*Asks:* 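Here is a complex structure; among its components: saracatinib.
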Amino acid sequence: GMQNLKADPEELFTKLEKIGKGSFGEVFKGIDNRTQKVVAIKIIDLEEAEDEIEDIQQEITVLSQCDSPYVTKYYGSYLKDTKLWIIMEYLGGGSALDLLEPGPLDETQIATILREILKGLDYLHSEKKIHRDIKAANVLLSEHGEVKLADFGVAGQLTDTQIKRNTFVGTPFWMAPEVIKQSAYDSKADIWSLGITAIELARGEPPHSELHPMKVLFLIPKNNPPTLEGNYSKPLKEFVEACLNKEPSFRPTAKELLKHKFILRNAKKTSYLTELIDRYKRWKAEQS
Ligand SMILES: CN1CCN(CCOc2cc(OC3CCOCC3)c3c(Nc4c(Cl)ccc5c4OCO5)ncnc3c2)CC1
């Protein structure tokens, strides 16, 4: 099971104020009392959240096996009475979805964000892991513009005896057709979700965003794949099209997409993304 579970978290960390909800539990800011670095603490009431427990175990397992600058760093899991503390690196720049709220991105920002997402997917997929919930809300940034994949709550693991998954998980607007159909699928599902995320970064919202999620559960397998419509560069449109193939084996790998024209021509230093982070802080501060 979970061999490296720890105890007595408050000997090592200080729990500070609530900073969000992780659907499983609450998320708190915290301090590593050893380094004085800020951490993010997700507290899960084990007494309450009873059948997502197998998902909790899954999230912990996957995280404890990841070591990448492009994946939210995992400190450890701590048992404390009826509570499980999952302690991770704090990322202060908000999510990519947050950064969209004040207005449109330009294609340099879109490419920069996508390139780092792609480095994350390359890492995960090389580790036979599948994120299965790629969307802007699960892409978090440090206050200086580093970009990491977050929320491994439904991440899947492939093995020598299980080469495909088939579980119905993810977020409907971003889900690949084969996942909705619960066919046998793999990392190529993440590549479809990446394509929807590209549209989301460009347009602000995924295709079908105004419809009830249950509707899209039939629309996505039925309809032709979405395309990126509007006045965007040809390489961006082709990048999206490449990802959004109904046939999974025809989608490129993350490795391959890192050499796409759109990425090569437009991605720049992640530090430039602090402009976006500042735009959000400004916007959020004057929001009524
Ligand atoms: C103007 N600003 C307001 C302050 N803000 C800081 C952003 O704060 C976070 C919030 C987190 O919680 C998430 C809840 C789900 O949506 C995304 C935000 C962070 C986070 N969450 C987290 C997730 Cl998603 C999954 C497992 C976890 C987690 O914490 C420990 O275990 N992780 C890291 N940093 C967070 C910072 C800036 C803008």
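Count residues from 1 along the sequence. Computed over heavy atoms, backbone and side chain alike; hydrogens, waters and symmetry mates excluded. Both ligands and their constituent atoms are indexed starting at 1 by order of listing.
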*Asks:* What name does UniProt give to the macromolecule most in contact with saracatinib?
*Replies:*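 Most heavy-atom pairs belong to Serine/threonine-protein kinase 24 36 kDa subunit.
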*Asks:* Does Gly92 reach saracatinib, in the sense of a heavy atom lying below 4.0 Å from it?
*Replies:*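 A heavy atom of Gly92 does come that close to saracatinib.
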*Asks:* Does the residue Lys29 have a heavy-atom contact with saracatinib, meaning some pair of atoms that are separated by less than 4.0 Å?
*Replies:*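 Judged by the 4.0 Å heavy-atom criterion, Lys29 does not count as contacting saracatinib.
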*Asks:* I was wondering, what residue and atom holds saracatinib by a covalent bond in this structure, if anything?
*Replies:*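 As deposited, no covalent bond from saracatinib reaches a chain.
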*Asks:* Of the listed options (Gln287, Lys21, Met88, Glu89), which comes nearest to atom 33 (C) of saracatinib when hydrogens are ignored and any heavy atom counts?
*Replies:*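 Going through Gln287, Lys21, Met88, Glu89 one by one, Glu89 has the nearest heavy atom to atom 33 (C) of saracatinib.
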*Asks:* State which residues of chain A, listed by UniProt as binding ATP, have a non-hydrogen atom closer than 4.0 Å to saracatinib.
*Replies:*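 Those UniProt residues with a heavy atom under the cut-off: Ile19, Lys21, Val27, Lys42, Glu89, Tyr90, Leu91.
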*Asks:* With heavy atoms only and a cut-off of under 4.0 Å, state how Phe152 meets saracatinib: side chain, backbone, both or neither.
*Replies:*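 Contact part for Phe152 vs saracatinib: neither.
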*Asks:* Taking the minimum heavy-atom distance to atom 9 (C) of saracatinib, which of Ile43, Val27, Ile19 ranks first?
*Replies:*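 Going through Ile43, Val27, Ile19 one by one, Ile19 has the nearest heavy atom to atom 9 (C) of saracatinib.
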*Asks:* Which UniProt domain name applies to the region of chain A with most contacts to saracatinib?
*Replies:*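 It's the UniProt domain Protein kinase.
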*Asks:* Any atom of saracatinib sitting under 4.0 Å from a heavy atom of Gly20?
*Replies:*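 No, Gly20 has no heavy atoms under 4.0 Å from saracatinib.
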*Asks:* Could you find the nearest UniProt active-site residue of chain A to saracatinib and let me know the heavy-atom distance, rounded to 1 Å?
*Replies:*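 The nearest UniProt active-site residue, by heavy atoms, is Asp133, 9 Å.
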*Asks:* Report all residues and nucleotides of other chains within 4.0 Å of saracatinib (non-hydrogen atoms).
*Replies:*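 Heavy atoms within 4.0 Å: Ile19, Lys21, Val27, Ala40, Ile41, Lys42, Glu59, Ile86, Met88, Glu89, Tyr90, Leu91, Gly92, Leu140, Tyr280.
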*Asks:* Check saracatinib against the protein and report each N/O to N/O distance under 3.5 Å, formatted as atom name, atom name, distance.
*Replies:*
unit_1	atom_1	unit_2	atom_2	d
saracatinib	34 (N)	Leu91	N	3.0

